[PDB]
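Structure (with forodesine).
Order of the sequence lines sets the chain letters (A, B, ...), proteins ahead of strands, with each chain counted from 1. Remember, it's 1-based here, ligands and their atoms both numbered in the order they're listed. Basis for what follows: all heavy atoms, side chains included, without hydrogens, waters or symmetry-related copies.
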Amino acid sequence: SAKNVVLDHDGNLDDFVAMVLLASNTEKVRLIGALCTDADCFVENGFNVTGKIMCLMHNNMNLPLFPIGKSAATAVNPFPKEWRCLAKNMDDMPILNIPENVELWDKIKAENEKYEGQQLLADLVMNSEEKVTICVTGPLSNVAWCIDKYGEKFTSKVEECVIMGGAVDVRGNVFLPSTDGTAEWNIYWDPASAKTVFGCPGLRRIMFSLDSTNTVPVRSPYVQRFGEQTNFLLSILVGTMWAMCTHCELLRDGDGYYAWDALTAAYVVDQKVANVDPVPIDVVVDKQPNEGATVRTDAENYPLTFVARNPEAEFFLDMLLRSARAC
Amino acid sequence: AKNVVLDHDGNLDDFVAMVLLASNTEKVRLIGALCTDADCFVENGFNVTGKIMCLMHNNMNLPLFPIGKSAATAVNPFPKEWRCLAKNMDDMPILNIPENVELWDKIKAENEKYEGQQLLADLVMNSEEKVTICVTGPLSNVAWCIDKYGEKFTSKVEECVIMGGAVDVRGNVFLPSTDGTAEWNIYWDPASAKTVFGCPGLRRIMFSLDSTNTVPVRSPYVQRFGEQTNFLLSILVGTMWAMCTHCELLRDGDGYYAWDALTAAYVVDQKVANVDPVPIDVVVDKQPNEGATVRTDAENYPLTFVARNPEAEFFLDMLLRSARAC
Ligand SMILES: O=c1[nH]cnc2c([C@@H]3N[C@H](CO)[C@@H](O)[C@H]3O)c[nH]c12
Ligand SMILES: O=c1[nH]cnc2c([C@@H]3N[C@H](CO)[C@@H](O)[C@H]3O)c[nH]c12
Ligand SMILES: [Ca+2]
Ligand SMILES: [Ca+2]
Ligand code: NI
């Protein structure tokens, strides 16, 4: 029935909406673990939010508990500090601090505390009986670390990697004085690791770059519909996180917030989310204006990556609204 | 219960303040509210005021009341990032339950017709008993009323409980052109502030940063609303505070405080804090200290009762309990 999945995320709002999608769809996904990286959040906050959401869901829908580990990966280029604070706010949301759920997390916290994110990813994959799908909604540093340490012994156990990252035929979202805006943030955080992943042979990769994520901006109308399901803990949770993003486009002309990681996780639940196109992907790692950019390379026999195209937005929007009703 | 009118500018503490005043029907009869385009975008701030009112009306004995948008304009606008918080609340699921949004949609046309400043003037003056004005945004609207009606307006005011200024502590307006002595609410419109604090015949209770600095919004307390998720107001208040606990780390010590909430608590119950009389003047000049509240030696200068040593635990318990109103 369900396939094994590990969520490799960096604790922002869409990372958590992504978590809820994967966790709530028990018929399609068997969530066997998660790791949080100190990228688009402060790892301690992301770690606790991951734990709190898991416990809330364990008590309300019998979701099997799984290991959560903090990655030791460090940044090449850190995310803006303002974005990394979001996990802190979520750690304090009343919906994630219900006594029975917080009590459970407190009971299993010390154990998960002992895990090192990167080694955990490698063990969950390599020790799994069946192959494992890795959903990467943060930087690629952990998959790369596993690839460098274990090579084929690791990749051969990977069903596929579904990745939120990049921008192939559309501009990126990294706008700084020294960049040209063609790079996307997850790749930009650790270019070298991304390149390692995208160049790895014997590894299936599904890539959700901005080309596809640009079709799902977070808008008020849709977000307010979660207000129709306040009887469900996950709807209060998902709607709240989304409600915290509807201002972005207004704050930075058009450079709004999108359901990046959410759309990516949705594909893991049901590939009908989008079709794909094979593309040889390389990553600019030098200190150039487009550092972090994902570009097609025509190097001989370069491994292919399946780039998502023309996502089924309506299907995705209905999936999220109904998944937020699992409990 | 005494008649109260909330004069706010739509930020997170403004809304918690609103909940505090509205939920305590035993001490406060909330007869109206106005929102100013200051620390929010008036449309979002107006709409959230409406959404909160209807949520409460439909779940507890809270009479509906008029809500108006102020025509006041800024001298020095708030930071855009801060003004977006009302847009965020506007889309929160707890404020978008069908039954409450339907009510709001139904009474909206009546309220979106009121002019905030005139509404404040009419509510105060035509009231049978005297009215207490809780000001949690700039002082533009009370000044407008003073300018237009003078004594006819002030004589009907029980007292103005104002969240604003900094007297013996550093302010919180940190900009390239400022020296940090000014507090945001006064800074937004110095001249209106000057008018109110220099008004003879008007009683003023001032909650300056001197007292609000004892109430930073911190994680441990915020998480306690998690023990009350069966009450809509706890989900609402806890969610708003949860969106503030980050400021201290982001702004190196310059965190978020329960500024307007503390001010409002005192209206509910004065045991919240004692007061010291102080001649409060305001700097309106385009200097590095524009918007500063300073003691003046001028003879016959009207006194203002500045809050001192607030009862923190008392205030904190009041909010948690009030948050269980529904
Ligand atoms: O404006 C933003 N706020 C918070 N996170 C992101 C991101 C993060 N990077 C990825 C998309 O660029 C996605 O995983 C998301 O969590 C891009 N822009 C923002
Ligand atoms: O960092 C901030 N974010 C949002 N609002 C405020 C304020 C507003 N100004 C008053 C306190 O200085 C109070 O009414 C509050 O709503 C000061 N600092 C901030
Ligand atoms: Ca992410
Ligand atoms: Ca305010
Ligand atoms: Ni009614």
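Within this structure, forodesine can be identified as ligands 1 and 2. The chain sharing the greatest contact count with forodesine (ligand 2) is, according to the PDB entry, IAG-nucleoside hydrolase. Other chains contributing a heavy atom less than 4.0 Å from an atom of forodesine (ligand 2): B. Neighbours of forodesine (ligand 2) under 4.0 Å (other ligands and ions): ligand 4 (calcium ion). When B:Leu12, B:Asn11, B:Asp260, B:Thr212 are ranked by how near their heavy atoms come to atom 13 (C) of forodesine (ligand 2), first place goes to B:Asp260. The closest heavy-atom contact to atom 6 (C) of forodesine (ligand 2), among the options B:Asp13, B:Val16, B:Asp254, B:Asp39, comes from B:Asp39. Near B:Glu183, meaning under 4.0 Å from one of its heavy atoms, forodesine (ligand 2) places the atoms 9 (N), 10 (C), 11 (C), 12 (O). When B:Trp259, B:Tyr187, B:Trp184 are checked for heavy-atom proximity to atom 18 (N) of forodesine (ligand 2), B:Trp259 turns out nearest. Between B:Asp9 and forodesine (ligand 2), a contact under 3.5 Å exists for no N or O pair. Residues in other chains coming within 4.0 Å of forodesine (ligand 2) by heavy atoms are B:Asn11, B:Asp13, B:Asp14, B:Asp39, B:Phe78, B:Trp82, B:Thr136, B:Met163, B:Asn172, B:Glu183, B:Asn185, B:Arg251, B:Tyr256, B:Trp259, B:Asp260.
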